[PDB]
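Here is the structure we will look at, set down as structure tokens.
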Amino acid sequence: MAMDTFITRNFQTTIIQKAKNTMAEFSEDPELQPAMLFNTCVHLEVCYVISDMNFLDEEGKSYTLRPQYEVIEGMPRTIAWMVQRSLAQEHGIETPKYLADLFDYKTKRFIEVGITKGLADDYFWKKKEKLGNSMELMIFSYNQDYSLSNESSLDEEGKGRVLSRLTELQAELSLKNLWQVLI
Ligand SMILES: O=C1c2c(O)c(=O)ccn2N([C@@H]2c3ccccc3SCc3c2ccc(F)c3F)[C@@H]2COCCN12
Ligand SMILES: [Cl-]
Ligand SMILES: [Cl-]
Ligand SMILES: [Mn+2]
Ligand SMILES: [Mn+2]
């Protein structure tokens, strides 16, 4: 099985289209770069999972009514920048200098999501070298490890559902001799 075929079988059409659109903005070609398309699909999928299972009520109380998180990843950078900058103004906070992956309506922070094949901690601190504390960080590995800058933001159950998806994907890729494509 080829990577492109795996992608089309394991990811929703919306995610695939967005990740390709994004690679195009950077003029990376999805057909020449199937590992990048895979990685971008996973990252965007994780973002969507996080936003899909956190809601808030009229007062501001959590629940596993309105979405807790706005996904900024997956839009064209020009729109994404207008959206980041406008959310930040409308909540009276600093606009980060990097483009974020999510906005948390509860804590009023921008979130950077990271996916890694190494250890979650190594990728946490690397991200923090650039971002300082402009954003919260949510780092997931394919080795069942995580590294949140705020443990409450995401529930212990939810971290585990993202970790299991990743574990699912690594398993199938390995079964199909495609994991080596990513390493
Ligand atoms: O927003 C991201 C980004 C992240 O948010 C991230 O967590 C990791 C990596 N990123 N990068 C993603 C990306 C995202 C997920 C997995 C791998 C890659 S690999 C580089 C690349 C990305 C997107 C399109 C493209 F053509 C690329 F070459 C670029 C880094 O420059 C800001 C935009 N961006
Ligand atoms: Cl950026
Ligand atoms: Cl940089
Ligand atoms: Mn991003
Ligand atoms: Mn990210």
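Position 1 is the first residue of the sequence, and the numbers go up from there. Side chains included, hydrogens not; waters and symmetry mates left out as well; all remaining heavy atoms used. First listed ligand is number 1; within each ligand, the first listed atom is number 1.
Selecting from baloxavir, nikkomycin Z, cilobradine, sarecycline, linagliptin, the compound at ligand 1 turns out to be baloxavir. The name the PDB entry gives to the main binding partner of baloxavir in this structure is Polymerase acidic protein. Site of baloxavir with heavy atoms closer than 4.0 Å: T22, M23, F26, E28, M36, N39, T40, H43, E73, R77, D101, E112, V113, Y123, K127. Residue-to-ligand polar distances keep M36 apart from baloxavir: every N/O pair is separated by 3.5 Å or more. Of the protein's non-hydrogen atoms, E73 OE2, 4.5 Å is the one closest to atom 3 (C) of baloxavir. The shortest N or O to N or O distance between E112 and baloxavir is under 3.5 Å.
Distance check on atom 27 (C) of baloxavir: some protein heavy atom falls below the 4.0 Å cut-off.
Distances between N or O atoms of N39 and those of baloxavir include no value under 3.5 Å. Protein heavy atoms all stay at least 4.0 Å away from atom 9 (C) of baloxavir. Less than 4.0 Å from baloxavir, one finds the following other ligands and ions: ligand 4 (manganese (II) ion), ligand 5 (manganese (II) ion).
For atom 24 (C) of baloxavir, the nearest protein heavy atom lies closer than 4.0 Å.
Of the polar atoms of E28, none of the N or O atoms is found under 3.5 Å from an N or O of baloxavir, judged by distance alone. Of all atoms in baloxavir, listed by their number and element, those nearer than 4.0 Å to a heavy atom of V113 are 7 (O). At under 3.5 Å, not a single nitrogen or oxygen of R77, backbone or side chain, sits near a nitrogen or oxygen of baloxavir.
The contact set between baloxavir and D101, taken as ligand atoms under 4.0 Å from a residue heavy atom, comprises 5 (O). Atom 14 (C) of baloxavir has its closest protein heavy atom at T40 CG2, 3.9 Å.
When distances from atom 21 (C) of baloxavir to the protein are checked, no heavy atom turns up under 4.0 Å. The nearest protein heavy atom to atom 1 (O) of baloxavir is closer than 4.0 Å.
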